[PDB]
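In this PDB entry you will find cytarabine triphosphate.
Naming: A, B, ... by sequence-line order, numbering from 1 per chain. Counting convention: from 1, in listed order, for ligands and their atoms alike.
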Amino acid sequence: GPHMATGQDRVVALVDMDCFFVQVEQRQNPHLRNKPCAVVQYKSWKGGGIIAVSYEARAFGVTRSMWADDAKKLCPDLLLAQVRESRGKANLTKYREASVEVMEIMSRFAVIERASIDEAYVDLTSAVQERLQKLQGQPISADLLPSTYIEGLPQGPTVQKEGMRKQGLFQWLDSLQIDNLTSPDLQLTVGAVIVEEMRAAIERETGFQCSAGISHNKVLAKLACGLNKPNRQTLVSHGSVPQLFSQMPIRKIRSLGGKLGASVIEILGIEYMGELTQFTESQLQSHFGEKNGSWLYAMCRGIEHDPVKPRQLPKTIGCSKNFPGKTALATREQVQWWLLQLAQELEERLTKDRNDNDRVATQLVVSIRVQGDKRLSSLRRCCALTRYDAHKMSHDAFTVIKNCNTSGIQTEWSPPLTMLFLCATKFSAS
DNA sequence: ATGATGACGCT
DNA sequence: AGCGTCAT
Ligand SMILES: Nc1ccn([C@@H]2O[C@H](COP(=O)(O)OP(=O)(O)OP(=O)(O)O)[C@@H](O)[C@@H]2O)c(=O)n1
Ligand SMILES: [Ca+2]
Ligand SMILES: [K+]
């Protein structure tokens, strides 16, 4: 009752760019705009691997991981943009720089947590409180929420998508208590107004469209963002959670998409997030551990406490290349040349990072895979990163992995290497 | 022969 | 430290 927390203390938004890599290429090349198109890397094996897909192309069944030769069988007019290749490997610099453009814009509105190349969480609690004061109780016009969906509405006693959307928005606004400044539903609505403004600024200043979710925590904001894509935003209120979760497959909630979520389903004999409410917290802790059990107990009620962490820059800077099947590295010369290739790209990115961001990495992580292992990584070793010098970094990487060579011959490498990875970590201010 | 990333938990 | 999970 009066002491039962409802997890309505914050306003959190998740902003996610639509078909990011595709939009980056379509901004650069206007011939790709408003067309079925995809982004592909490499080209020789089966036309290249598709890594991003425009919504027009998704209508034909094109998906990520598809070989482009196979995507062309579903969508013969599919247009393709190729990832840049430098020093023999895919180079994602264009997308990292486009990401910085977006993140710097969102940072004007609030402190962000950079979750990925194209996603950021925003804690809007303070900004909402401010905007509510600037209001002083005037109602919020539907005109301020032109691309907002209210999940769960319309409901109660038109056949077009936008008609639905407006009907739900009208019901939501008509029931709002704009007089109470601590009403959570009011706070979410003002949050959504701000997110409309943020999304308009991103589009105005970059050309890029995005979707967003607005709720009271990160999991609900992420789920919300996915409900109405592309180019729309969705508000998921605390009150909408019971119905939303009642048919929500457990795997759709962030962190439950893998083995843990599969075990929740199998051990408890359930399918949907809402079914978790019927277990005590101690029961869930007994099955899934103290941390996971408490998290599930709260999360299935719409409650989660993970803070939006103030972090706009990535914590690691890594360079990786696979050498699949027949191309696995079988000579010391090969291993050494590719370590140098990776190390040169890493040196370039590290020097740029140090000039831009006033920090220096202090640890170099080297990771390899040997032919035969089902695990993505077969060995990971660290060494000191004392100088931004590619030849030194590649020599140190070789020193820390060279005893993996089963070969009795000095020149050969066995088993051959199917993956090389160099990662700079443990940043210090400079 | 998906590939190239990136954050965080466990021991 | 080194490995694994989960995600873009
Ligand atoms: N396995 C994956 C995943 C992502 N990505 C990259 O991260 C970007 C954002 O990932 P995403 O949000 O999951 O997908 P999206 O392309 O933005 O499309 P949308 O968000 O559904 O509109 C993609 O554009 C790139 O394809 C990559 O490389 N491999
Ligand atoms: Ca996206
Ligand atoms: K994303």
Could you help me spot every copy of cytarabine triphosphate here? ligand 1
Of all chains near cytarabine triphosphate, which one has the greatest contact count, and what is it called in the PDB entry? DNA polymerase eta
Provide the letters of the other chains having heavy-atom distances to cytarabine triphosphate under 4.0 Å. A, B, C
Please work out which of A:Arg64, A:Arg58, A:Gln209 has its closest non-hydrogen atom nearest to atom 18 (O) of cytarabine triphosphate. A:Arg58
Kindly identify the option in A:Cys19, A:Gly49, A:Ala90 whose heavy atom sits closest to atom 15 (P) of cytarabine triphosphate. A:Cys19
May I ask you to list the atoms of cytarabine triphosphate that are less than 4.0 angstrom from any heavy atom of A:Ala52? 24 (O), 26 (O)
Can a non-hydrogen atom of A:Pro230 be found less than 4.0 Å from any atom of cytarabine triphosphate? no
Give the contacting part of A:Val39 toward cytarabine triphosphate: side chain, backbone, both or neither, where contact means a heavy-atom distance below 4.0 Å. neither
A:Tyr55 near cytarabine triphosphate, heavy-atom distance under 4.0 Å? yes
Just need the protein heavy atom nearest to atom 26 (O) of cytarabine triphosphate, so name the residue and atom and give the distance. A:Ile51 O, 2.5 Å
Work out whether the distance between some heavy atom of A:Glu25 and some atom of cytarabine triphosphate is less than 4.0 Å. no
For A:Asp118, atoms of cytarabine triphosphate separated by under 4.0 Å from a heavy atom: 9 (C), 12 (O), 17 (O)
Report the nearest protein non-hydrogen atom to atom 7 (O) of cytarabine triphosphate: residue, atom name, distance rounded to 0.1 Å. A:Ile117 CG2, 3.7 Å
For cytarabine triphosphate, does A:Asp16 get within less than 4.0 Å through its side chain, its backbone, both, or neither, judged by non-hydrogen atoms? side chain
Which one holds for A:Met17 and cytarabine triphosphate: side chain close, backbone close, both close, or neither close, with close meaning a heavy atom under 4.0 Å? backbone
Nitrogen or oxygen of A:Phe21 less than 3.5 angstrom from that of cytarabine triphosphate: yes
Which residues does the binding site of cytarabine triphosphate contain at 4.0 Å, with heavy atoms considered? A:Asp16, A:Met17, A:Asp18, A:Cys19, A:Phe20, A:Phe21, A:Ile51, A:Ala52, A:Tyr55, A:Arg58, A:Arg64, A:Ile117, A:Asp118, A:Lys229, B:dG3, B:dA4, C:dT8
